[PDB]
Enquirer: 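Below is the structure I would like to discuss, written out as structure tokens.
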Number of protein chains: 2
Amino acid sequence: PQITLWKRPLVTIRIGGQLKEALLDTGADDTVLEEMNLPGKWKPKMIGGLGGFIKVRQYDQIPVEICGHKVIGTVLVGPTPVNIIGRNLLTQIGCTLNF
Amino acid sequence: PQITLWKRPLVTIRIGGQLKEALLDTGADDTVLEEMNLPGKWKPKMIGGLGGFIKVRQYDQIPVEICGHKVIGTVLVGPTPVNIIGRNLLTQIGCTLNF
Ligand SMILES: CC(C)CN(C[C@@H](O)[C@H](Cc1ccccc1)NC(=O)O[C@H]1CO[C@H]2OCC[C@H]21)S(=O)(=O)c1ccc(N)cc1
């Protein structure tokens, strides 16, 4: 796909058999999803964004399907205003910015 | 150009006599820059990210040069930890996401 930016780059992702909408977010280093349950061990962590720091649960080596492209990587779960796919996963689907 | 996402997509922007480093950020609706004293009328605004909201000043029709490309639009100004080029300006340079 080529995705233009007149609207939010929202795509459907598959994670744990769940379908969610997420924002392709080149300004995010990391992928952060709203509160959900994922299996396996996790580490408590903190990350900062525009309005300060939040607490997240860090899940590693999680399979996600983004627009039919399969990635396996780190997913942070916590109180994000929207599901954001960060660069850790955008790189795995071969995503670039072009102009 | 094509910009990969292995690293933060930082680029040089010019606005007035000031050069700045800013993020090409598909996750940001509007452009937001750190402390600067722009001319003309502005409106107060609140924008939300991870961690909550910050107050900014909305300046409209501001000329900006991004990677040699002259552009013109809204620039928000406030205590962002990083300068962000938002979709409002990315569209004007014909920026797309591709994978
Ligand atoms: C939270 C997003 C939905 C929207 N934002 C842009 C977003 O790309 C920020 C942009 C950003 C970038 C750096 C610092 C603060 C904000 N990234 C971000 O929060 O990423 C976090 C997840 O990975 C980590 O890597 C960077 C911060 C962490 S935002 O900064 O809050 C924001 C919101 C509204 C506007 N107009 C402009 C920016």
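Chains get letters A, B, ... in whatever order the sequence lines come in. The residues of chain A that appear here are 1-99 by the PDB entry count, in order. All residue numbers given for chain B refer to the PDB entry; the residues shown span 1-99 in order. Header lists the method as X-ray crystallography, 2.1 Å. Hydrogens, waters and symmetry mates play no part in the numbers below; they use all other heavy atoms, side chains included. Each ligand, and each atom within it, is numbered from 1 in the order the structure gives.
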Enquirer: Quick one: what's the drug at ligand 1 called?
Expert: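 You're looking at darunavir.
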Enquirer: What does the PDB entry call the chain that holds darunavir (ligand 1) with the greatest number of close contacts?
Expert: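 The main binding partner here is Protease.
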Enquirer: Could you check which other chains have a non-hydrogen atom under 4.0 Å from darunavir (ligand 1)?
Expert: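 Those with a heavy atom under 4.0 Å: A, B.
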Enquirer: B:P81 near darunavir (ligand 1), heavy-atom distance under 4.0 Å?
Expert: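 Heavy atoms of B:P81 do come under 4.0 Å of darunavir (ligand 1).
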Enquirer: Can you sort out which atoms of darunavir (ligand 1) are near B:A28, meaning under 4.0 Å from one of its heavy atoms?
Expert: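 Checking each atom against B:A28, I get 37 (C), 38 (C).
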Enquirer: Compute the shortest N/O to N/O distance between A:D29 and darunavir (ligand 1) and return yes if it is under 3.5 Å, no if not.
Expert: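 N/O-N/O distance under 3.5 Å: yes.
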Enquirer: Tell me the protein heavy atom at minimum distance from atom 23 (O) of darunavir (ligand 1), and give that distance in Å.
Expert: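 It is A:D30 N, 3.0 Å.
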Enquirer: Would you indicate which of B:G49, A:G48, B:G48, B:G27 comes nearest to atom 5 (N) of darunavir (ligand 1) when only heavy atoms are counted?
Expert: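 The nearest heavy atom belongs to B:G27.
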Enquirer: Which of the numbered atoms in darunavir (ligand 1) are below 4.0 angstrom from a heavy atom of B:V82?
Expert: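 In order of number, 13 (C), 14 (C).
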Enquirer: Which atoms of darunavir (ligand 1) have any heavy atom of A:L50 under 4.0 Å away?
Expert: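 With A:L50 as reference, the close atoms of darunavir (ligand 1) come out as 15 (C), 16 (C), 30 (O), 31 (O).
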Enquirer: Which of the numbered atoms in darunavir (ligand 1) are under 4.0 angstrom from any heavy atom belonging to A:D25?
Expert: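 Checking each atom against A:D25, I get 7 (C), 8 (O).
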Enquirer: Report the part of B:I84 in contact with darunavir (ligand 1), treating N, CA, C, O as backbone and CB onward as side chain, heavy atoms under 4.0 Å; options are side chain, backbone, both, neither.
Expert: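 Answer for B:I84: side chain.
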Enquirer: Which residues would you count as binding darunavir (ligand 1), with heavy atoms within 4.0 Å?
Expert: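 The heavy-atom site around darunavir (ligand 1) is A:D25, A:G27, A:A28, A:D29, A:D30, A:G48, A:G49, A:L50, A:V82, B:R8, B:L23, B:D25, B:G27, B:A28, B:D30, B:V32, B:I47, B:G48, B:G49, B:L50, B:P81, B:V82, B:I84.
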